[PDB]
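Everything below concerns the one structure shown next.
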2 protein chains.
Amino acid sequence: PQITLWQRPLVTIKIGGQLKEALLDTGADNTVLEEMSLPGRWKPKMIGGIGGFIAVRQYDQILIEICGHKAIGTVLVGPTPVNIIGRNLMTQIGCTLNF
Amino acid sequence: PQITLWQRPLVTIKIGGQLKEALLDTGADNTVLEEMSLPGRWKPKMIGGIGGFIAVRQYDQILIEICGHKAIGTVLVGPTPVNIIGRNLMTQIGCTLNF
Ligand SMILES: Cc1c(O)cccc1C(=O)N[C@@H](CSc1ccccc1)[C@H](O)CN1C[C@H]2CCCC[C@H]2C[C@H]1C(=O)NC(C)(C)C
């Protein structure tokens, strides 16, 4: 698909058996989901946004299905107000910016 | 231009006679630049990212050249660690996401 940017680029994701909506976010290095429980061990991480920092849990090698495309990667979980798909996962689904 | 997402999608901008690098940011509704002086009056605005909120100055009808494409729009100025080109200006330069 081509997605124009007149509205937020929200897509449906399936992760750990759950369906969510997530924002395709070229400005995010990382993928950040709201609180959910996930398989494997994790490590603590601080990530900086625009207003300051949040604490997250880093899960590696997590399966995510983004708009019907499977990707495996690092997913951070914590108190973000919107689910964010970052560049780490967009590269895996062949996602480009164009003009 | 096709831009892939293996690295940050940084482009060169010209605004207020100055050259800056800015991130093409599909996850930003608005355009936010580091501290700089700008024409016309402004209004105070609060914007919220990950980590919380920052205070900015909102300037309307500001000319910006993004990767050589002219756009006119709202530019927010304040303590962001990175210049961000948001959707409001991306739409003006014909910028899409694709996969
Ligand atoms: C800049 C901006 C607006 O003008 C309007 C609405 C949101 C935002 C905003 O902060 N957007 C952010 C997503 S986080 C987000 C939060 C709320 C709603 C939607 C997205 C950016 O797209 C990403 N954003 C761009 C940039 C913001 C300035 C500081 C450094 C990066 C931080 C990076 C970021 O947060 N990365 C994470 C891995 C932590 C997710």
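First the proteins, then the strands, lettered A, B, ... as listed; each starts at 1. Per the header of the entry, the method used was X-ray crystallography, 2.2 Å. Each ligand, and each atom within it, is numbered from 1 in the order the structure gives.
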Drug name at ligand 1? nelfinavir
For nelfinavir in this structure, which bound macromolecule has the most atom pairs within 4.5 Å, going by the PDB entry? protease retropepsin
Which other chains lie near nelfinavir, in the sense of having some heavy atom under 4.0 Å away? A, B
Nearest-contact summary for atom 18 (C) of nelfinavir - protein heavy atom, Å: A:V82 CG1, 3.8 Å
Using a 4.0 Å cutoff against the non-hydrogen atoms of A:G27, which atoms of nelfinavir qualify? 23 (C), 24 (N), 25 (C), 33 (C)
Compute the minimum heavy-atom distance from A:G48 to nelfinavir and say whether it is under 4.0 Å. yes
Shortest protein heavy-atom distance from atom 1 (C) of nelfinavir, along with the residue and atom involved: B:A28 CB, 3.7 Å
Starting from atom 10 (O) of nelfinavir, which protein heavy atom do you reach first, and at what distance in Å? B:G49 CA, 3.4 Å
Which is it for B:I84 and nelfinavir at heavy atoms under 4.0 Å: side chain, backbone, both or neither? side chain
Applying a strict 4.0 Å limit to heavy atoms, is B:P81 in contact with nelfinavir? yes
Is the shortest N/O to N/O distance between B:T80 and nelfinavir below 3.5 Å? no
What organism does the deposit give as the source of chain B? human immunodeficiency virus 1
Quick check: B:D25 and nelfinavir, any N/O pair under 3.5 Å apart? yes
Looking only at distances, can you tell me whether any N or O atom of B:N30, backbone or side chain, sits closer than 3.5 Å to an N or O atom of nelfinavir? yes
